[PDB]
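Here's the structure, in structure tokens; my notes come after.
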Amino acid sequence: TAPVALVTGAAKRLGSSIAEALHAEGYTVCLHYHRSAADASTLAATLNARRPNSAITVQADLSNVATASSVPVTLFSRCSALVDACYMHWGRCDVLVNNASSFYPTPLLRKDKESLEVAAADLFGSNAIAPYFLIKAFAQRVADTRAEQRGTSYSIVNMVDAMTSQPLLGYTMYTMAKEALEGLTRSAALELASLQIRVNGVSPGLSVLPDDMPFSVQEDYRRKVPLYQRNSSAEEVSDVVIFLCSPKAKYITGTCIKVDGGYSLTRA
Amino acid sequence: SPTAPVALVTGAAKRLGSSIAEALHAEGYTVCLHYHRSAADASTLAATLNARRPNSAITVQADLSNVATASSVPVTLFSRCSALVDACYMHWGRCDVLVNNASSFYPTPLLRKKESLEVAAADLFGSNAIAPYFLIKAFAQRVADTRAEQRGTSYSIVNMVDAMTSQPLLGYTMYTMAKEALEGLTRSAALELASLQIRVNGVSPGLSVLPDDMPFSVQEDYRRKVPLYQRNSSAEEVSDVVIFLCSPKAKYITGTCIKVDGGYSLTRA
Amino acid sequence: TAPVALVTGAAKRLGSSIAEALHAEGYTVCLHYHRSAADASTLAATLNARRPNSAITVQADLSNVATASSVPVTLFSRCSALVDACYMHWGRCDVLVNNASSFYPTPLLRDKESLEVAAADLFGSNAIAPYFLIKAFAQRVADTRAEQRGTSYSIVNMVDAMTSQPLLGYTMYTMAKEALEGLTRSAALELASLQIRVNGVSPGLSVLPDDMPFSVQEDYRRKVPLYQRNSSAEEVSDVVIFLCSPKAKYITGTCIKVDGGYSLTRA
Amino acid sequence: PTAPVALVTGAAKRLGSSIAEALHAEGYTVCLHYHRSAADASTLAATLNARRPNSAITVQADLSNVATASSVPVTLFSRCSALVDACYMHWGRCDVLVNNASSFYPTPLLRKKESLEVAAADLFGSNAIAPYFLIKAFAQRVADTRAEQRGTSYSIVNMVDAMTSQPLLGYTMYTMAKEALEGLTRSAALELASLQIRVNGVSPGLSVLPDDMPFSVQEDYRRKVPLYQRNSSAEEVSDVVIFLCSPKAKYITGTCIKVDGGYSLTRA
Ligand SMILES: NC(=O)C1=CN([C@@H]2O[C@H](COP(=O)(O)OP(=O)(O)OC[C@H]3O[C@@H](n4cnc5c(N)ncnc54)[C@H](OP(=O)(O)O)[C@@H]3O)[C@@H](O)[C@H]2O)C=CC1
Ligand SMILES: NC(=O)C1=CN([C@@H]2O[C@H](COP(=O)(O)OP(=O)(O)OC[C@H]3O[C@@H](n4cnc5c(N)ncnc54)[C@H](OP(=O)(O)O)[C@@H]3O)[C@@H](O)[C@H]2O)C=CC1
Ligand SMILES: NC(=O)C1=CN([C@@H]2O[C@H](COP(=O)(O)OP(=O)(O)OC[C@H]3O[C@@H](n4cnc5c(N)ncnc54)[C@H](OP(=O)(O)O)[C@@H]3O)[C@@H](O)[C@H]2O)C=CC1
Ligand SMILES: NC(=O)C1=CN([C@@H]2O[C@H](COP(=O)(O)OP(=O)(O)OC[C@H]3O[C@@H](n4cnc5c(N)ncnc54)[C@H](OP(=O)(O)O)[C@@H]3O)[C@@H](O)[C@H]2O)C=CC1
Ligand SMILES: CN(Cc1cnc2nc(N)nc(N)c2n1)c1ccc(C(=O)N[C@@H](CCC(=O)O)C(=O)O)cc1
Ligand SMILES: CN(Cc1cnc2nc(N)nc(N)c2n1)c1ccc(C(=O)N[C@@H](CCC(=O)O)C(=O)O)cc1
Ligand SMILES: CN(Cc1cnc2nc(N)nc(N)c2n1)c1ccc(C(=O)N[C@@H](CCC(=O)O)C(=O)O)cc1
Ligand SMILES: CN(Cc1cnc2nc(N)nc(N)c2n1)c1ccc(C(=O)N[C@@H](CCC(=O)O)C(=O)O)cc1
């Protein structure tokens, strides 16, 4: 049976890329998404096209809140349902890629109590709390699975950020969530090491800029990166993921790989 | 109208919080001792302190876990945290130093042997990270909401973190995650509040006053692991770094974490 | 024409594993060595047996000391000469892997001759040599007319994942690796213009010495969080092939650990 | 009983001079080392001696990794031992060591020999190799001192650089030497904790800028520092040294304190 892989935020951009790659490597993918249901399916189509039954599409709000079912469903629940939506269909889940991520200002000063305490649940859920549970569910299912019938390449990859050291002004929560994630990587790696589950992170610097920001803006940004003076492509990033998941890196765990074109070496 | 500096120390009830608060009080600060369940010890401290200097200490109970408390609508962590910064302004009309000391410290295995989780997820992250976030925020605004002329001259925020978070203690994943989120907060906060001359740093203890209940045999096991003096640090040693960062001897220091581990994080397995 | 890779200390153990791996990817390899002449040749033999003129050898003490000849040859000279050997023979040098490394105690607390020499040896092979080498290497890429340059210049520095937790008694060694780490980031930033990536691979525990009592060996391997065993040479070399592969072309000035989680442990 | 001795290298001017003074005013008897500023060394020695008789001396040595003329040429190590010897041979004690002396100039990889070989020795020598030796000489004396005749506060302090994670373009040799000095700090701290010798580093960001640097150059550097938009004074740096040597930091070892004003928190 082919290896299965869950990729949160597989709808568009990077997550979309990481999924294909894993698919191309011969992985049945569980394409996760939040708002974009179009792309999440447009993709699954193409994927199943290329190879019959090789891509499903689970949907879930990964923010740290509760959605209506009688009792509301916590974030833990929703998460434990994804990992669960795999063993249910393909009977296995070998690779998890916490990609899903909210990213926007959370200033400390100014120029709405709730906008914040909802962003907190947002930024902190997608980037850190959700990954914790996901990693936990994934780790249990393997634990439960009998020794004799376990996969041989369980790999977990959290998508962090290579610039958190030099915090992006005004993005406090995001930054905390991210560094909270790195800790998750390290901690997960050490503990889950026994079940032979690897946990590593990929720290992109300036990858595919937001489909939103203008051109003059993207220019100003990509021109700050030392290598090539351009942001990375979805590929230059996903390769690091497929590499981390391939056997060519089976002795690697609890580590983060920067893919920033030397961006983190620059100073103001 | 000179008036004495105010310091808000969360978890100032006992152990390190108490040491830090007493240390600050001793330097001349008036202190708002926050606590959660140690109502009696916090009162004892305050008592001791107000006997030395009248009206130089007050207490404030408040659960820093990221949940809501009963009041019309229940009260959110955000709100409760604003109440704290406000206590100082309401009582002394100022707040110059904040020390995020309050921290829940317990295991949260990824494997088996529910609700226990969701509470620990709100308790560990709220106390060690989210609460510190709202506090630094509220503390920062008041500074801004204050006239350039009536502004203190030594605003200092100190986040109590962990020096061993790089070598994750087995089983404490959320705590570890939270401590490092707190590190991000330290760096991020420092960068963003520089403009208001509010310094933000962290004190990273290795092994200080060991947990209250852990037995002798278990403790002395931990002491032989510290390269320097083969012991854990006293409270006075940890709190001494805290007074340093709040003194004008450190005014140009911000966004940094000072280790007080005795070399412990240099050791390998 | 086929890519060239210069691997210092490629005589045995890991360098031998890295050299052989690059060779497999199609790289033509220059196997430098210091004392291990026998092993280096045996390897060049095997490699040139799988493909004619796919490997050559070069001997050089990378210790920061002056050598024989007329006038003494500085470490710089030997270094630059090492790079020129690749250009003289295959007319191109694309990958440089600083692997050569002296590794032994230099206790702070106790003659002095021993010290002056450990300093030159330990800092020579781990930092000074790598510097000069990178420098000679970059010079060549620069002196090449834009049109003729290679499309994949990659430099990889072999460092250590346990430098943050100093191995008691190896100060000079630890100091040198830290300098090697600095070299990686500094060179990386300064060579980005020339499209020359500079990265590091930091193993934790791999192919233990050789003169390590099986008791002592099994000691260390039960300390490793993943598989409770040290790594293989191949597990460290896969990282090098990856860093030089085009699938890492946007990576530079970074270090990738291959410790199996060993650096995540405390005492 | 006696006054603590503090050996400060390159203590003739700037930061060094500020440290020797700060240490002196705390009660320490200081040994002012210099390379070329023999004049400044003297003005300072006179001043420190005027406030207190025989409370400071000067010692000249080239901390660069090159031999000098006396029978045989003197190695860097010899000179380093002579620096510590000087302290014991005058006060019978050496309690504090501040590795402040440091060469700092470009060593560009690309063209634009003997010019490098001398630079390599000077840079690495002063910034890393000498410090290793001075620490060694300093440590052996304590070791060859009976447990009871030992002081109650051995404190070594190395002046490092908070901006090495973001290498100053063109200064590779310098940057490596500092990283080396950083390793020295961690390693020496671990191996000297048994002798109760604390070893820490002070990481300045922008302090007394190198002179002959046009006002406009200095001003455009300061405007980059998040806090106060100015470089620090020498006092703001020495204040951190005096703290590390105080019993207020008696449990602190193997760490580096930044005094950069957040400048290392920024990004390009
Ligand atoms: N792109 C870059 O330049 C960089 C990216 N990174 C990291 O890479 C990872 C992916 O980045 P990038 O590809 O730009 O991200 P995308 O911007 O392409 O967004 C990924 C998405 O995951 C989903 N998501 C967002 N919030 C939530 C939530 N609360 N619950 C559930 N799902 C949510 C969304 O799905 P949607 O389809 O459903 O609505 C969102 O579009 C992140 O962890 C990011 O921080 C780091 C540095 C740089
Ligand atoms: N001492 C040590 O060995 C080490 C300490 N540290 C860090 O130092 C700081 C203090 O450590 P230490 O002195 O041991 O801590 P203590 O064990 O002092 O506990 C601090 C306390 O703050 C309060 N608190 C905990 N959870 C909550 C919550 N959810 N809401 C409100 N208040 C809460 C509690 O109050 P309570 O009395 O009022 O009810 C608790 O006693 C922490 O940040 C800790 O993580 C790091 C490494 C080691
Ligand atoms: N082994 C491990 O588990 C670990 C390895 N590393 C790093 O990986 C790399 C390879 O380590 P490992 O495989 O054990 O190394 P070995 O390769 O043990 O030795 C490499 C060699 O390079 C050469 N060399 C040593 N000193 C000098 C010198 N002064 N001048 C010139 N050449 C010299 C020698 O050549 P010789 O044969 O020709 O004469 C020596 O055999 C190193 O950089 C090491 O620091 C890091 C952590 C762990
Ligand atoms: N100034 C700043 O803003 C920053 C400083 N730092 C660190 O602070 C420390 C002091 O910096 P700064 O105050 O600018 O230094 P100074 O520029 O004041 O120079 C210190 C000196 O020590 C001596 N010295 C230098 N090279 C050698 C050598 N090869 N042999 C013997 N003596 C030598 C010289 O003595 P001389 O009088 O005798 O001839 C030299 O003037 C350094 O370690 C530096 O790396 C880090 C970041 C920023
Ligand atoms: C790559 N970089 C793009 C980018 C695109 N999507 C992402 N998505 C996630 N989840 N995480 C990221 N780190 C991320 N990064 C950036 C960097 C800064 C700003 C930015 O600052 N934007 C503000 C303006 C700046 C401000 O708040 O001061 C805006 O909303 O227009 C935008 C994109
Ligand atoms: C200093 N060190 C003590 C200590 C005391 N109070 C604190 N309080 C806070 N908020 N944060 C800390 N880091 C902290 N640390 C430690 C380290 C590990 C264990 C520990 O592992 N305890 C488990 C046993 C181990 C396990 O879960 O495997 C138990 O509950 O008995 C306890 C105290
Ligand atoms: C993987 N590890 C092996 C090892 C093998 N070759 C290497 N070669 C190089 N160039 N670099 C390395 N880091 C390296 N590491 C180790 C670690 C510690 C000791 C060790 O401490 N050996 C002393 C004993 C310990 C002591 O000095 O206290 C001895 O010479 O027997 C040996 C091998
Ligand atoms: C604080 N900062 C000053 C400064 C002054 N003295 C020092 N002295 C020592 N020993 N160490 C330092 N880090 C140091 N730093 C700086 C930073 C960069 C340049 C600089 O780049 N100078 C070149 C110009 C730039 C280049 O080579 O591209 C020159 O010589 O004019 C100078 C001073």
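Letters A, B, ... label the chains, following the sequence lines from first to last. The PDB entry numbering applies to chain A: residues 5-73, 80-121, 132-288, in that order. In chain B, numbers come from the PDB entry; the residues present are 3-73, 80-121, 133-288, in order. Sequence positions for chain C are given in the PDB entry numbering; the residues included correspond to 5-73, 80-120, 132-288, in order. To match the PDB entry, the residue numbers of chain D are left as they are there, and the shown ones run 4-73, 80-121, 133-288. In each ligand, atom 1 is the first atom listed, and ligand 1 is the first ligand listed. Side chains included, hydrogens not; waters and symmetry mates left out as well; all remaining heavy atoms used.
- The drug candidate or drug found at ligand 5 is named methotrexate.
- In this structure, the main binding partner of methotrexate (ligand 5), as named in UniProt, is Pteridine reductase 1.
- At a heavy-atom cut-off of 4.0 Å, the other chains in contact with methotrexate (ligand 5) are listed as A.
- Covalent status of methotrexate (ligand 5): not bonded to any chain.
- Within a heavy-atom distance under 4.0 Å, methotrexate (ligand 5) reaches the following UniProt NADP(+)-binding residues of chain A: A:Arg17, A:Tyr194.
- For chain A, none of the UniProt substrate-binding residues has a heavy atom under 4.0 Å from methotrexate (ligand 5).
- Result for chain A and methotrexate (ligand 5): the nearest UniProt active-site residue and heavy-atom distance (1 Å) are A:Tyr194, 3 Å.
- By chain and number, the binding site of methotrexate (ligand 5) at a non-hydrogen cut-off of 4.0 Å is A:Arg17, A:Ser111, A:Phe113, A:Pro115, A:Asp181, A:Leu188, A:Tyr191, A:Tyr194, A:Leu229, A:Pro230, A:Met233, A:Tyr241.
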